[PDB]
S.K.: 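For discussion: a PDB structure holding ARQ 092.
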Amino acid sequence: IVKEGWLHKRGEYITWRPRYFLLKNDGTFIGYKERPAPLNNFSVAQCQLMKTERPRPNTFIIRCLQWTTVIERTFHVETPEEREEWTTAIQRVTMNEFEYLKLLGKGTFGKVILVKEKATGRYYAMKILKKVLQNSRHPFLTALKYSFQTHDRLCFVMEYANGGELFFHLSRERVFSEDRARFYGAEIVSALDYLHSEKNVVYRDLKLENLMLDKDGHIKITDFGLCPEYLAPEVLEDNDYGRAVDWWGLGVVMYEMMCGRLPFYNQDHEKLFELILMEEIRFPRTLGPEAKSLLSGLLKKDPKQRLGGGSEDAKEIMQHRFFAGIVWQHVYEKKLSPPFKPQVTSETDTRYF
Ligand SMILES: Nc1ncccc1-c1nc2ccc(-c3ccccc3)nc2n1-c1ccc(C2(N)CCC2)cc1
């Protein structure tokens, strides 16, 4: 522990709340609602500090590039010498190689472009951020093929699955069978397991929009971050959070696969946030009891009690009844037989673009 004490923190989602922070020698910087393994999401490594006076004097900002995504946390103290304490405490290929084809996403920090590589014909996604790295040896995360820089832009070329978005395949079919969900669920769990233990990283945005299928119908987890129905309670009320957020997410995604609908819904965001924090779930009668058990545990409102939420993390999901007779090393080596294969001949079949 290098320094500690109250700071004001801006509510990343639904404004300012005091919170007791702990900077540490490992890099970590975390805030608890009262005076109280490590995750690289909360680290200060290669971050960039910014004193400022908008929209409240003695404000400061930590901005970090984590992997291919820019992260901002904003704080505010009572006096400038105080802000200053904390501050000090805290401190080839080029664009010509590709065709630009479709705008996959815009946002504040940059753009994501569907791109064909001229020298091979193969399609990737290019993340371009307005102004070293070892990949994850795991097949269902999004791999980074090329990273390069121009004079005003940071460029990241990464896999882009050509098998369709899982949100579309579901919109079409309305609902998934309990065993198709099991297939998707197991790949996701393997992927998040890898991230949690091999990287000490949480994904935080597990939702349907962030899952696609490759040529073979296997899962790909997206890395296209540029900037409610899926937010964990813990995240709403703006606590310390951890690896369990991804399991809350996994429950929501699985709930919607197997019930063809969202576990909590409402047009008004404030009554949605109420529901997330207060309503227990009415599960369908049309639904297997091992499934019910998985979802109930994945969707527990207290992260410490949630399934996957203990010291064992993902091992607690992997050995649930619902996942009986899944060989996990099989999953990792893509040895499961996808139920759905999308309409696609080659890696390059633009049918789904
Ligand atoms: N490449 C991958 N493809 C598929 C899912 C996740 C990743 C992925 N790989 C990583 C590797 C490292 C790191 C990292 C995290 C914090 C601090 C430093 C590094 N992050 C990685 N992520 C990864 C990607 C996106 C996120 C967000 N959705 C954007 C903020 C949440 C989080 C984590």
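Per the PDB entry, chain A residues shown: 6-19, 21-42, 50-104, 144-183, 201-296, 313-438, in order. We use all heavy atoms of the structure for the numbers below, so side chains are in, but hydrogens, waters and symmetry mates are not. Method reported for this entry: X-ray crystallography, 2.7 Å. Counting starts at 1 for both ligands and their atoms, in listed order.
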S.K.: Which bound partner of ARQ 092 (ligand 1) is the main one by contact count, according to the PDB entry?
M.R.: RAC-alpha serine/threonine-protein kinase
S.K.: Using heavy atoms only, pick out the UniProt active-site residue of chain A nearest to ARQ 092 (ligand 1) and give the distance to 1 Å.
M.R.: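 The nearest UniProt active-site residue, by heavy atoms, is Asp274, 3 Å.
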S.K.: Which residues make up the contact shell of ARQ 092 (ligand 1) at 4.0 Å, heavy atoms only?
M.R.: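 Residues with a heavy atom in range: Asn53, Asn54, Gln79, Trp80, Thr82, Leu210, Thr211, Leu264, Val270, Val271, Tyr272, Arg273, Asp274, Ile290, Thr291, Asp292.
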